[PDB]
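Structure showing prednisone engaged by Mineralocorticoid receptor.
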Amino acid sequence: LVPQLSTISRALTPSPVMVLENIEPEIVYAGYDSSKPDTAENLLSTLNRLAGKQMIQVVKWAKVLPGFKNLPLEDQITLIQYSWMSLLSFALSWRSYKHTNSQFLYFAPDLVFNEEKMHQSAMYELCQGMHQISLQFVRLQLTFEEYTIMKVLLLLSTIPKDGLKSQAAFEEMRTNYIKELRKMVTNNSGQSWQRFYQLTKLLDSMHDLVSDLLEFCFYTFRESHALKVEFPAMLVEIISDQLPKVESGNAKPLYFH
Amino acid sequence: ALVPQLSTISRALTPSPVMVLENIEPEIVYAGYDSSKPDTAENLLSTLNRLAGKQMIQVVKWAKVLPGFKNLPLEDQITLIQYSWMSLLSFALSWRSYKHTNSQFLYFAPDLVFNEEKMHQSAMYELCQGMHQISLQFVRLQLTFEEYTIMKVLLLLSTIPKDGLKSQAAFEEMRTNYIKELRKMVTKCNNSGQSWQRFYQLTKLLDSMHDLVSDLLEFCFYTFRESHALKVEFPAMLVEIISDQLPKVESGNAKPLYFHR
Ligand SMILES: C[C@]12C=CC(=O)C=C1CC[C@@H]1[C@@H]2C(=O)C[C@@]2(C)[C@H]1CC[C@]2(O)/C(O)=C/O
Ligand SMILES: C[C@]12C=CC(=O)C=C1CC[C@@H]1[C@@H]2C(=O)C[C@@]2(C)[C@H]1CC[C@]2(O)/C(O)=C/O
């Protein structure tokens, strides 16, 4: 009989962390035009357009994300829709850390926010909250490997209150990625667990931040006409789905602590 | 033919570490409390110290048969028992209090249960309240016996010399193995969120024993130093342990291990 196990294949297959490096999207440009006045209506509309371009890259990433194809298609779609703001805000803090040593908010290479832009955006305190995560990355000296695993954990951090089509398949993927993070921080058990706790505390802290970001997002979406804030098709699709679900209490956050 | 050296039957019948922890748990020890004598601090503290000595005899017997502990150098076995004794005895007190009184009292022994009045009379009221707070956490968390027995071993492995043990690697192997036992123990039939939340609560509880035990040891070293003025008596077993530990702890040689920063 032909062995159906392949030692060679299992040995040669890149680790999940190596695959995450391989599939990480290239940096996206905002197409920022310096000729427009730096008023909230213009800055926020630019950010929303940048978000639409980023989400095109998130979907491409999710398609090749190990384990994600094992979930029901409806669940894959659901998880992308519930986690979008967590994914994009965490990646903003990563780019800010890597490209500016967390001195600025690096939304795109052509759109870097200093304090002045943060004021002009009319969401200063929200920018401060995102900046505080970037500052935590410096304090923790977060690694790229840790960051990529934590991004997947954020994709798996909010589920519908009723539940997914396959709760079991979801739990299996979530447990597998938590295991990957636990391996990354490993001998000194004391030090490994202390770091693991710092990373899961940070993950949990994204829920309160994202809640505040979505509150402002839904507000500007509802008042888009009055406020002259534009949204691209991709965000209209996502927010039209999410706004009623989140505001009705259907979004259940998953915490480590 | 040749006699196979491995025993399939032995391997199958060998109990899990958790089952062994149940089998080796010490029997409850009596204090020999004498209600005919006044409940003065001298009498109550001297009774508790005598109780502690009897309890430590059981602890040593338990440590001899604790899975994995034999793999550590003898020097390290003795060191860990000496560094952790107050953690072990105080955690077990909270367990007895939880199991026998629903955490209403401090169940030092079947013949010595402290209510608030004895807590005041002992001249360590605040310390008694601190141990009682751990008992109350057991109720809030609905701690199980299995979780308790694994946590007690982690306390035995929670304080090490600043300079390190003879074999840090053998120590780390045993500590990791028992942390894995606790992790499996809190794994539900699966909900990762619930499992991690409980693991967090249990490790926060473990860590909280350090500040409590530091305060307990401060009082202990104080009454030991002033034993004659205070008329507090210590049995030979505690004189041995405290004489070793007092200079080591006060000189800053005891390194507590934490799960959380
Ligand atoms: C996704 C985004 C754009 C790209 C990025 O790297 C990080 C973020 C996170 C913060 C988002 C932002 C937006 O695009 C516009 C937002 C969504 C904002 C929070 C409030 C907001 O300013 C809003 O709702 C304007 O209408
Ligand atoms: C070990 C012990 C005795 C048996 C027990 O179930 C739990 C404890 C924990 C608290 C201990 C105690 C003692 O025996 C006496 C102590 C050690 C006390 C804390 C201060 C103390 O009261 C003291 O130093 C008197 O001299």
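The lettering of chains (A, B, ...) simply tracks the order of the sequence lines. The numbering of chain A matches the PDB entry: 723-908, 912-982, in order. The PDB entry numbering applies to chain B: residues 722-910, 912-983, in that order. One-based numbering, in listed order, for ligands and for the atoms of each. Any value given below was found using the heavy atoms of this structure, including those in side chains, with hydrogens, waters and symmetry copies removed. Looking at the header, which is where the method is noted, we find X-ray crystallography, 1.8 Å.
Taking every copy into account, the model assigns prednisone to ligands 1 and 2.
At a heavy-atom cut-off of 4.0 Å, the other chains in contact with prednisone (ligand 2) are listed as B.
Only the side chain of B:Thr945 comes within contact range of prednisone (ligand 2), with a heavy atom under 4.0 Å; no backbone atom does. In terms of N/O distances under 3.5 Å, prednisone (ligand 2) is approached by B:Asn770. Within a heavy-atom distance under 4.0 Å, prednisone (ligand 2) reaches the following UniProt aldosterone-binding residues of chain B: B:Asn770, B:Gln776, B:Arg817, B:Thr945.
Counting heavy atoms under 4.0 Å from prednisone (ligand 2), residue B:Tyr944 does not touch it at all. Prednisone (ligand 2) is contacted mostly by residues of chain B from UniProt domain NR LBD.
Annotation: B:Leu769 places an N or O atom under 3.5 Å from an N or O atom of prednisone (ligand 2); distance criterion only. Within a heavy-atom distance under 4.0 Å, prednisone (ligand 2) reaches the following UniProt progesterone-binding residues of chain B: B:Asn770, B:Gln776, B:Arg817, B:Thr945. Residue-level proximity to prednisone (ligand 2) for B:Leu772 is carried by the side chain, the only part with a heavy atom below 4.0 angstrom.
The shortest N or O to N or O distance between B:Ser811 and prednisone (ligand 2) is not under 3.5 Å. The shell of residues around prednisone (ligand 2) (heavy atoms under 4.0 Å) is B:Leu766, B:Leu769, B:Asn770, B:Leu772, B:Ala773, B:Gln776, B:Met807, B:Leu810, B:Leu814, B:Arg817, B:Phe829, B:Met845, B:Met852, B:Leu938, B:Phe941, B:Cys942, B:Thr945, B:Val954, B:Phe956.
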